[PDB]
Chemist: 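I have a structure I would like to understand better, so I am pasting it below and will then ask my questions one at a time.
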Amino acid sequence: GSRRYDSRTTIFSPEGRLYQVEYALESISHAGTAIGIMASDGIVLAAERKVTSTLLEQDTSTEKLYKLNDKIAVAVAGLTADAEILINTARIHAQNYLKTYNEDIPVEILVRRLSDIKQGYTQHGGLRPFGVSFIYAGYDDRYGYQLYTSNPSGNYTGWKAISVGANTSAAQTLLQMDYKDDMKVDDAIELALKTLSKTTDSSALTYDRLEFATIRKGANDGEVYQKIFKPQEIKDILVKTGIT
Amino acid sequence: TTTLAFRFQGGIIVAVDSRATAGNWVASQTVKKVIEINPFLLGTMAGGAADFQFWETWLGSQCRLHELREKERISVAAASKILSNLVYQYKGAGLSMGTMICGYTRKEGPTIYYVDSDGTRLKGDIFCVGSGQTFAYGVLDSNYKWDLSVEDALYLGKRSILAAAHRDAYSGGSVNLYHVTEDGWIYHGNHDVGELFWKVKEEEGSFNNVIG
Amino acid sequence: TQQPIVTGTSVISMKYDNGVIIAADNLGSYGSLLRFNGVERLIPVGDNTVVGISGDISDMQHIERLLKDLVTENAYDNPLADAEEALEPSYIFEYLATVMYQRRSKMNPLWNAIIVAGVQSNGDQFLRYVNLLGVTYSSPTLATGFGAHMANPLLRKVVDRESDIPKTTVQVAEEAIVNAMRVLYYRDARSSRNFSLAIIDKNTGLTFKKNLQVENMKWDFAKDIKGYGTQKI
Amino acid sequence: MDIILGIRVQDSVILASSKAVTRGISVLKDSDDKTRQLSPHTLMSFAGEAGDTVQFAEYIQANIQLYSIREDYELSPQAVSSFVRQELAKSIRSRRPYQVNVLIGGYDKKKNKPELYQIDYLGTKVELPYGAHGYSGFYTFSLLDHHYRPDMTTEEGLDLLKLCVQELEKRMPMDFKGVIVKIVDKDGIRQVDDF
Amino acid sequence: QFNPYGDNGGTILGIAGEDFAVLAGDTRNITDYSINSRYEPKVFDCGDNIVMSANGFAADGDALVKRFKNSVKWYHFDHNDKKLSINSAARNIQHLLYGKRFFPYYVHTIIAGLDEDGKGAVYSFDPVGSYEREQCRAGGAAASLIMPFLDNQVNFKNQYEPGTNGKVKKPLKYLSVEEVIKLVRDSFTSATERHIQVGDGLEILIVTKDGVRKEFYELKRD
Amino acid sequence: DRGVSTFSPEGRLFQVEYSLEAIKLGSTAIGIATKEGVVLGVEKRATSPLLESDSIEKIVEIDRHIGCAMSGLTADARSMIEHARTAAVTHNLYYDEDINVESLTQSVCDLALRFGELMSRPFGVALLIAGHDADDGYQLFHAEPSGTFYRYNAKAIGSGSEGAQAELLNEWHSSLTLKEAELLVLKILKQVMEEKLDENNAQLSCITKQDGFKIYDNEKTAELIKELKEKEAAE
Amino acid sequence: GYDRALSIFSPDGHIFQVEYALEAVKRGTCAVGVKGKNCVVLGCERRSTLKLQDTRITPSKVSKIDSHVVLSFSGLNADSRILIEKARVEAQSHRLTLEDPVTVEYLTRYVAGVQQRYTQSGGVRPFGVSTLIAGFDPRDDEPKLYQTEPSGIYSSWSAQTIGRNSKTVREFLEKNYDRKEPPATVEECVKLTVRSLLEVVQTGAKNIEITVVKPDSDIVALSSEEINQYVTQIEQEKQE
Amino acid sequence: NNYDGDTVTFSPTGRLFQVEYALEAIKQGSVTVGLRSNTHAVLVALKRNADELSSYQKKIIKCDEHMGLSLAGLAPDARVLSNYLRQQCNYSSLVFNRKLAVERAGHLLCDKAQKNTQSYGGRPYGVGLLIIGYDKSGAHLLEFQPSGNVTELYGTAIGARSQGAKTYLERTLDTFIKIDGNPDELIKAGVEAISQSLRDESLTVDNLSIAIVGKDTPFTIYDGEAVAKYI
Ligand SMILES: *[C@@](C)(CO)[C@](*)(O)[C@H](CC(C)C)NC(=O)[C@H](Cc1ccccc1)NC(=O)[C@H](CC(C)C)NC(=O)[C@H](CCc1ccccc1)NC(=O)CN1CCOCC1
Ligand SMILES: [Mg+2]
C-alpha cells in the first residue's frame, strides 16, 4: 500500500533526535538574520531581508516583521508561507482570549499555545514540521517587556537579547559583548543595527535590505505603542548611528 | 415510600419501610429499600424502583472498581458524587430518585449524603425521604437528641417509620433497620407493621386515635 | 408516524383437514371513495404460501417487493431452492413479523394487518397473523378488520377448536369462507362484491381463484320495509 | 436556593446567602452554604434550579483553579466575571441551559479596589455597588438606594446588610432560615460566624 | 397519531413450593372486545429449568422472551456450557428491560424455577426492570383479583389460630404440588368469571429437578 | 519497512514472535496450583538500590477470587488489568455471580490480537492468571500476546523460565499442600534469580476459596524464606 | 488520520522508538530528586551556554501540578508541556469528582499511563521525557518521590536522578544516602541535593535550581543568593 | 521475495504469498479429521499441549445445536470465525425461524475470509476449519481454507501429517459412508483414520477429542473419560 512512500516525519533517530526538527533548523540557519533586544523602557526588533532586488517594492512590503495584536509582534526566520499560517492562528488566539476575559492576552500564554501547535507536528499527524523560528516581542502588565523565541521543535525560551536565522553564533557573541541591563531603547536600536552590520553576508548594510520595529511606552502616559519603521525612517536611523 | 437516616453519638441509624405501589394498587409489602453496597456503605431507595435498583447496584460496581484501582475503600463523599453526577447527566429524561448514601470511613467519620434525580447533593445529619417523609420527620425531630443511646436510636428510627406507615397510605408493610458503626453496618431485623403496631400501641400507650 | 391513504379492508382465513383457505376483496379504498377496483391483496410466495394483506396499499406494495426479493435471495447459491431448501410459510412469516416489529419500534410502521396462510414441508397447516404493532397470534380461524368481528363468529361455528380441523373438509370450509365474504358485503361500508380466494392443500397444492363474486344475496324483503315507524306507504 | 445579596463598600465586598434548602413541603436543610471560592480573592454565590447551581459553581471553580496553577497567577475579578458570563451566554442556547444566577464578589489586588458583579442565567453581567437575585431585589434595592453610601466601612456594610435581612424576614412569604455572610477584601475571604 | 403500544390482555400466576415451582397463564389473546386466539401460549420453557412469561403487550412480550432465550444460548457459549442459575437469569432480565428504560417493554414478566439449593423460586419484574423474589405472584389483567386470594391461601395472611384471641398467627408451611395446582385452577376459574379478558384455557408449567412438565385445563369461553 | 500484521514464511506473525523475545528479557514469575489453593510469586528486580522495592507492583488483584502476575514490558499490562477488572465486575453486575477464571482469561486474550493498521502493536507482557470458581475449582492460566492461553498445574515465565519449568516438572505432584507450594516457588525463584533472594526483592501471593486473593507481607514471606533454608540444610 | 505504527518490536524484542526516546532523556539537562524525613527537594541543572537569558519569564524547570504536587523532568522541553498540562487537568478533575486532591502515586500513575499509551498508539511517537514527581498526599506527612519514563513504567525512589551524567550523580547518591537515616531537616536535604549536582554541573552560579516541597501545600523555590550560600559552604568544607 | 510484504500484492506468476504463508500455519497445526455417513457427521481431533504440566488445546467448537467445527492453526482466528458463524446461525433462527444451511455457512465463511485478502492493512486468517452439520438435506462436512476456498466432502483431514488420514479415508470411502444409524461405529472409523497420522505418540484419554451431529443427535463434544471407549 502507501507505507512504501511514508517518510515517517515524527520519529526518533538512534541518538534520540527528531530528524525533521533538526533538518528544519538547518533550513532556518540559511534565512535572513533577525535580532530582538529588550531594554528597560522598550523592545527593538531588527531583521535583514533576503538578498533584495532593486525592482522590489520596498515600502508596501512585509517579510520579516508581523503584528499579532496592539501589544505583541513577531520577527520571522524561515519559510514565510509557514509563518503566516501560524501568525493567523496566533492572531485568532489573542482575540479569543480578549473575547473570553475582556483583557489583552499575556505574552507567554500566546507564545506557549503557538509553541504547543508546533510540538504537535513533531509528535503526531505524520506531517512535516513548520520551518519557522519566531522572535516574540511584546508587553503585558504582569511581566512588562518580554522577548521570547520558538522553533520547529515547539520549545520556547525567554531572552534579554537574541538572534535567529543566519549567523546566530557570531551575532549572539556580539550581543553578549555589548549588552547591559540598564540599557535604553535608543541604545538597543544602535546595538541591533551594529550587530547586523557585522554579521551580514552583504557588502554593506542599507535601508532597502532591512525591516525594523520598536515597542516603546513612548506614547502619552502609561500606554504602549508599536512602531513599524517606514523605509525613510530606516534611512534616517541608519545615518543617525553613522553606518551610512 | 418512607425512608430515613440520622447521625448520632453512636454512629448512623437507617430505617425504611417495605411497601411498593402502582397507583392505589399495593404491589408488594416485602421490598428491600436498603442496598448493601459494601460492608461499610448503605444506600436507601425512594422513588422509581427500577431506577434505584439498577443505578445503586451500578454504584456498587463503581465503588468496587475504585478500591481495586486505588487499593482503598471509597469515601462516602466520592460514592455519593458518582451517583449524583450520573443522574445529573440524565436530568430531564425522567429518572425518579431520592436516595441517601450512608457510611463510615476513617477520614470522614459517620456521613450521610442526600442525592436526588434533579441533581441535588447535600451532606447532613438528619434526612427523611419519600411520600411519608413528613410523618417521619414529625416524630423524629420531636424526639431527636445527639446523645441518644444505640438502643433508643434504633427504636426512634423504627417508631418514625411506623408513624409514617400508619398515616401515609403509600407506606407500610414492614420496617427494615440498620446501624452503621466505625466497624461497618449491622442489620437489626425485619419488623412487620401487622404485629409491630399493636405491640407498640400496647407497650407505649400511643395511637389512641385507633380503636383498640 | 403515518396515516394510511389507499386502504384494503378485511382478510379472512381458516384451516381445514388437509390445508388452509384465505380470501380478501379486490378493493383499494381512498377514505369513503371506492377508488380502485382491480387490486389483488392475496400474494403467493412459491407454491405453498399465500400472504393476505389489509391496510395501507402503498405499504402492501412495498411488502410485495420484499417477498419477491426474498424468493430471489433464497435461490442464490442454493441447488435445493425448489426442494428441501425452499421457502416455508413459517420462514416467510417470521421475516415479515421481524420487519413489522422493527418498523413499529422505529415509530414508522407498515400500516398493515397481515395473515400468512400455507402448508409446511411436513404437511402441517400454517396460519398466523401479524400487524403494524408487531403483534402475532395463531388460531384455527383468523381475520382482520371487520372480518374479525363478523367472519370469525361464522367460521368458528365450523372450526371451534383444534379437534374440529380433521372433521372439516375443503368443500365445507370454502362454503363458510364464501358465506363470510357475502356477510361482509352486506355490512362493511368499505368492501366490494368482487374478491379473490386461495386454497393451499397438502395434496392438490396451491389453487388461486380470481374474479369471484358475491352471489345468492337476500334483498327481496326490502320492498316490504316502509318508513321508520309509523308510515304505511 | 432563593436569597443571595451582595454589597460593595470602600474596602471590601460582602455576600449574604440564605441557608435553607427546601423541597416540596419540607425544609431539608437549614445550614447550606450557597457559595464557592474561585480564587483566594474571588467568591461566587449562586441561586436557581436544583442541581444546576452546584454543578455550575464547581465547574467554574475547577476552571479558575486550573488557570491559577497553569499561570501561577490569580485572575482579576473582572476577568473571572467575563469568563463566567461567557459560559452562561453559551449555556442559554444549549440543548439544556444552566438555570443559575450568580453574584461574584472579588478584591482586585492590582487596583486595590473591591468589585461586585451580578450575572443572571442568560449571561447578563453588570458591575454594581449592591446587587441581588430573585425576589430579594424587590425589597432590598429600594432600601439600599436610601441607606447606601459609597465610602462605607465593612462594619457599616454589615449593619446595612442586617437591615436588609430584617426586612426580608418581615415581608418575605417563605422561611429562608437566615443567611451565611462572607467578606472579601485585601486579606482574602472569611466567614462571619455570628449573624 | 401512531400509538406503538397495545393491550393483549390475559393473566399469569407464579407459585413456589419446597422442591418445585409452577408458572401458570391463560391461553386467551385479545384486542379491545375481540378474541384473537383461544389458544396462544405465553408461558415458555427457556432452558436450564427456567420458565418465563411476559404478559401485557404481546409484541414486547415475545421480543423479550426471544431475547432472554438467546441470552441463555450465549451464556452457554461464553462460559463453558455453565447452567444459568435463576438468580443470574433474573439479574440478566433486569438489564434487558432497563436497556429500554426510555421506550419500555410494556409487559409484566414472571420467571420460575429452582434456586441453587434446589428450592422453588419465583421472580417478578415491572416493565422497566425492577425485580424481587417471592413465594407468590400474579400478573396481568386479573392480577388484582387473584393476588389478594393468594395472600390469604398461600401465605396465610389475616388467618389466626382458632381460640388464641387473634394472638397466634396461622403457621407458614410449604404446599404440595397437588395443593398448589388446586389454588391455581380455582384462581383462574374465579378470574374467568369476573374478568372479560380471561378465559378459554389454562396452561400450567411445573418445574422440578426432573425437568419441566405441562398441564392443560379448559376455561369458560364466554 | 513492512506490515505490522505480516506472516513469516514459516507461518507465524512477526510482531507476535518478536514480542515473545521481550517477555524473555522480563523478570521471573512463577505460579503453582494445588487443591488447597494457587500460589503466585515474582522476582521484583530493582534496577538500583535507591529504588523503593515495595512500589514495584508485579502481582495484582483482578477480583476477590482472581489474581494476576506479570512478566515483560510491565507498563503494557496496565490496560490489560483494567480490562480484566472491568470484565469481572461487569459480569457480576449482569449476572449476580462470580465470573469463571477461564472466561476472564478469554476476555483478556481477546485484546491480544486487536492490533494492526485497534492498537499499533501487540502487548509485550505475559500474564499468569490464577483464581478459583465453583465449577472448575483452583486454576492457573498463562495468557500470551498471541491470544493463546493454556491452563497449567504449574508455570514459570520470564528470563529464568526454561530452567524453572524443568524444575517444576520434577517437583509438582497432585497432592501438594499450600505450604509445600509456597516453599517451592521460593526455592525455584532463588535458583533462577541473579541477586540473592530475600523478602524485599521477591514477593509471594495466593488465592484460596475461603480468604480470596491475598498478597503476602514482607514479614510473612521472610519467615517462609527462613523455613525454606532450614529444611534444605536438614538433609 | 495518520495511522502508522511507529513504535514496534524488533527481532531481538526491543521497541527502538521507546529506547531512542530514552536517549533524548539522556541528552536532557540533569534533574535530581531527594526526599528527607519531612520534605522532598527537586534539583535541576541549567546549561550555561545560554547567556543574555531572561530568567523572569523563561519557563521554570520545576512545575506545579497542584498546590501539593510538583513535577520536574529531563528530555525534550516541548514534550514535557503536554504531560504537565494533562496532569494539571486530571488534578482538577480528581478534585471535582472525588472531592479530594490526587495522591502523588495516583498522579504519577496517570502521567505514566499517558506515556505508555503513546508507545502503542498509531501515528504517534513516545514522549522523549522522563519525569520526577514529588509531593505529599492530602492530610499526610510522609514524603513521596516517584519517577516515570517513556516506556510507561513508574516507581518510587528514596532518591533519584535523571538526564545527562545522571549515572555519575546516582553513583554519588547511592553511597551518600542512608535508608536507615534520611536527611532529618530541610537544610540537610537541600545540601545533599546541591552536593550531588556539583558532581556534574560546572559552576554553582545561575546553573542550579532548587525547589523545596513540604507538607500541606507548602512549596517554595530558592533564589540565586540562597543557593549560592550552599555552594560556598560545600566548597570550603571540601578543601580538607 | 519482493511480493510477500502484504496481501494486496500479486507475484509475477500470479500468487498471493501472504495467503500461502497463512496456509503454512495450518500445516504446523495439530491434525484433525472429519467424516460423515448419510445419518451422522463426525469430527475427530488430536489435541496438543505445551508440556506435561499444561492442558491440551481445545480444537472443537460448537456453533449451533446442529452445526460446529474443528480447527487447525491460529486458535484466536478460529474463535473469530466461529463467533461469526454463531451469529449467522442465530440471525437465521431469529429472523426466519430457520436453521442455517451448512452450505450457506461455508459461503459466508468464504466471503468473510476473501475480504481480508484484497485490502491493504489487514491480513488473511491463519486457520483451517472442518465444519460438520445436519440440516434439511442430511449430513454435511465442509473444509474451510483461509484463501477463501470452501469444499464439501464425504471425508477429509487437515494439519500436520494429515495426508495419512486422508489416504485412509480415500480407501475406506465405500465402507464408512454406509454406516447409517450407528454413531459408535462411525466414530471408530474416524478414530482409526486419525491414527494413520500419529508418530511416536498414541491416543490417550486427555489427548483425543471427538464430536458428532446427526438425525436425532444434537452437536455434542466428547472429552476426558467419555472417549476412553474408543481407545
Ligand atoms: C413508596 C412505597 C411509594 O411512593 C416508595 O417511593 C417506593 C420506592 C421503592 C419501591 C424502592 N416507590 C414505588 O413503589 C414506586 C412508585 C413509583 C412508580 C412509578 C414511578 C415513580 C414512582 N413503584 C414502582 O416503581 C413500581 C414497582 C412495582 C413492582 C409495580 N413500578 C411501576 O410503577 C412500573 C414502572 C413505572 C415506570 C417508570 C418509568 C417508566 C415506565 C414505568 N409501572 C407499572 O407497573 C405500571 N402498572 C402496573 C399495573 O399494571 C398497570 C400498569
Ligand atoms: Mg364473550
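To find a chain, count down the sequence lines: A is the first, B the second, and so on, and within it residues start at 1. This entry, so its header tells us, was determined using X-ray crystallography, 2.9 Å. Every number for a ligand or one of its atoms is a count from 1 in the order of the listing. Only part shown; contacts counted inside that part.
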Chemist: What would the PDB call the drug seen at ligand 1?
Modeler: carfilzomib (bound form)
Chemist: In this deposited structure, which macromolecule lies in greatest contact with carfilzomib (bound form, ligand 1), as labelled in the PDB entry?
Modeler: Proteasome subunit beta type-5
Chemist: Using a heavy-atom cut-off of 4.0 Å, enumerate the other chains touching carfilzomib (bound form, ligand 1).
Modeler: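 The other chains in heavy-atom contact are B, E.
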Chemist: Taking heavy atoms and a cut-off of 4.0 Å, what residues surround carfilzomib (bound form, ligand 1)?
Modeler: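 Going by non-hydrogen atoms, it's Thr1(B), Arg19(B), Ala20(B), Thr21(B), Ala27(B), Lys33(B), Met45(B), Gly47(B), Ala49(B), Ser131(B), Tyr170(B), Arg101(E), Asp126(E), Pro127(E), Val128(E).
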Chemist: Help me out: UniProt bortezomib-binding residues in chain B, which have a heavy atom under 4.0 Å from carfilzomib (bound form, ligand 1)?
Modeler: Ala49(B)
Chemist: What covalent connection, given as residue and atom, links carfilzomib (bound form, ligand 1) to a chain here?
Modeler: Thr1(B) OG1
Chemist: Provide the name used for chain E in the entry.
Modeler: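 In the entry: Proteasome subunit beta type-6.
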Chemist: Okay, which residue that UniProt calls active site in chain B is closest to carfilzomib (bound form, ligand 1)? And the heavy-atom distance, rounded to 1 Å, please.
Modeler: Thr1(B), 1 Å
